[PDB]
Engineer: 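The following entry shows fluorouracil complexed with Single-stranded DNA-binding protein.
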Amino acid sequence: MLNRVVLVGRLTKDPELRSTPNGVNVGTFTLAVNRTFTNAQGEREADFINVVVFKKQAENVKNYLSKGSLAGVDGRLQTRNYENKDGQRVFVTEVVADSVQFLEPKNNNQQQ
Amino acid sequence: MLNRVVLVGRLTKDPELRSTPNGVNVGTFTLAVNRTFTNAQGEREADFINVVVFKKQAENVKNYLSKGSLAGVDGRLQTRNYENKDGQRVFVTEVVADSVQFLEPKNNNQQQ
Amino acid sequence: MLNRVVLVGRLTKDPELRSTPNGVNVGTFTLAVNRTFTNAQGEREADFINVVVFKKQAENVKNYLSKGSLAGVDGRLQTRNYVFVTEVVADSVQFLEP
Amino acid sequence: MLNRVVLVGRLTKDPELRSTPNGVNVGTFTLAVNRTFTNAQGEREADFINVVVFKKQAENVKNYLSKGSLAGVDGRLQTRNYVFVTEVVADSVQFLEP
Ligand SMILES: O=c1[nH]cc(F)c(=O)[nH]1
Ligand SMILES: O=c1[nH]cc(F)c(=O)[nH]1
């Protein structure tokens with residue numbers, strides 16, 4: 001069934017890259033996306049989307065993407081449930097990126 | 001900034017419609033979206049997206065949408081943080097629908 | 001760069017199916033997409049989008065999709081030339097009717 | 001019915017700005033959208049999409065957007081006629097450069 005997400009935002013931290021003994025690399029980062037419908041002084045808010053990326057895309061994210069860089073994301077919305085180390089159920093909604101595009105560096109509105 | 005979600009899935013329960021004394025109606029429902037990339041016998045999984053709808057769209061959802069109906073959704077991805085009644089922080093990612101389209105009823109693959 | 005199109009409409013005619021000299025199936029159809037909001041006059045307009053789909057999905061388009069069938073399409077917007085033509089290249093198609 | 005297009009590309013020429021006899025500003029520009037994946041030969045192709053934007057957004061397109069400027073576009077796919085023309089009608093435009 002149809003499931004498509006497109007985002008443009010800025011990374012809040014530098015991307016992390018973990019791995020499982022199953023041998024696959026899993027990159028994660030948070031995308032801060034300012035709301036367009038409230039972009040005006042006195043009411044600018046952002047949403048913070050969790051993006052997850054795997055395999056090849058995941059390493060090109062760790063190399064070339066840094067905290068504060070503008071990135072575009074294209075993917076699916078997916079949900080998980082796990083148990084944290086305390087025994088509480090955790091429900092997650094993340095964007096699984098099919099492609100991540102590097103748009104602008106960290107400080108492009110003062111450097112340009 | 002760009003933020004677009006498009007979904008087609010089936011409702012897991014009947015939509016709920018709450019209200020605040022601020023006088024605005026807030027409709028909510030969960031959309032179950034089968035993954036396209038695993039649609040085959042032996043590996044069909046779905047993701048369960050929380051959709052939120054307001055004002056007029058929200059009532060036309062409660063009238064005309066029921067558990068098991070196929071619905072299409074178009075909107076933004078948004079995040080909230082609140083405190084539940086126990087004092088734990090709760091982080092939510094939901095789809096805020098701009099439009100909700102009614103596609104097929106509950107039992108359309110046996111009635112058609 | 002990002003390029004994504006998502007559509008839901010009905011086919012105007014029956015899906016067509018050709019092949020490439022490389023042996024790849026090329027399914028085509030036109031989708032009538034009603035506008036969700038009416039226009040200044042109140043009438044409902046539809047747009048007529050040309051969709052293209054490849055390989056085995058194109059065969060399932062030919063088998064299970066007919067004139068008037070409701071379909072969802074997910075893909076890219078691409079431009080071709082001779083007369084400039086724009087079509088949606090579907091990587092995914094969803095069959096909303098049996 | 002659902003109809004959504006999202007694009008990121010660069011303008012091929014300078015944005016144009018006309019008006020309707022009803023007094024609404026109509027901004028137009030062409031966006032060159034590079035394909036993310038290369039083709040069977042390995043070359044990178046771009047698509048050239050016609051974008052249309054209205055009212056005050058069209059004015060901010062004329063002020064702040066120039067040939068070669070990077071822009072994001074969010075809107076509908078619509079079809080017009082005389083020669084069949086398909087354009088993206090932008091409800092939102094994002095300026096990726098100052
Ligand atoms: O009714 C139609 N209008 C336009 C078309 F391209 C088509 O196939 N059918
Ligand atoms: O280089 C270009 N190709 C096609 C176009 F429509 C255009 O404006 N520019």
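Residue numbers start from 1 in every chain, and the chains themselves are labelled A, B, ... in the order their sequence lines are given, proteins ahead of strands. Header says: X-ray crystallography, 2.9 Å. One-based numbering, in listed order, for ligands and for the atoms of each. Any value given below was found using the heavy atoms of this structure, including those in side chains, with hydrogens, waters and symmetry copies removed.
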Engineer: Curious which chain letters or ligand numbers map to fluorouracil here.
Structural biologist: ligands 1 and 2
Engineer: Show which other chains sit less than 4.0 Å from fluorouracil (ligand 2), counting heavy atoms only.
Structural biologist: D
Engineer: Any idea what organism chain D is from, going by the entry?
Structural biologist: Staphylococcus aureus (strain ED98)
Engineer: I'm curious which other ligands and ions end up under 4.0 Å from fluorouracil (ligand 2) - can you check?
Structural biologist: none
Engineer: With a cut-off of 4.0 Å on heavy-atom distances, which residues and nucleotides contact fluorouracil (ligand 2)?
Structural biologist: D/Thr12, D/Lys13, D/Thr30, D/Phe48
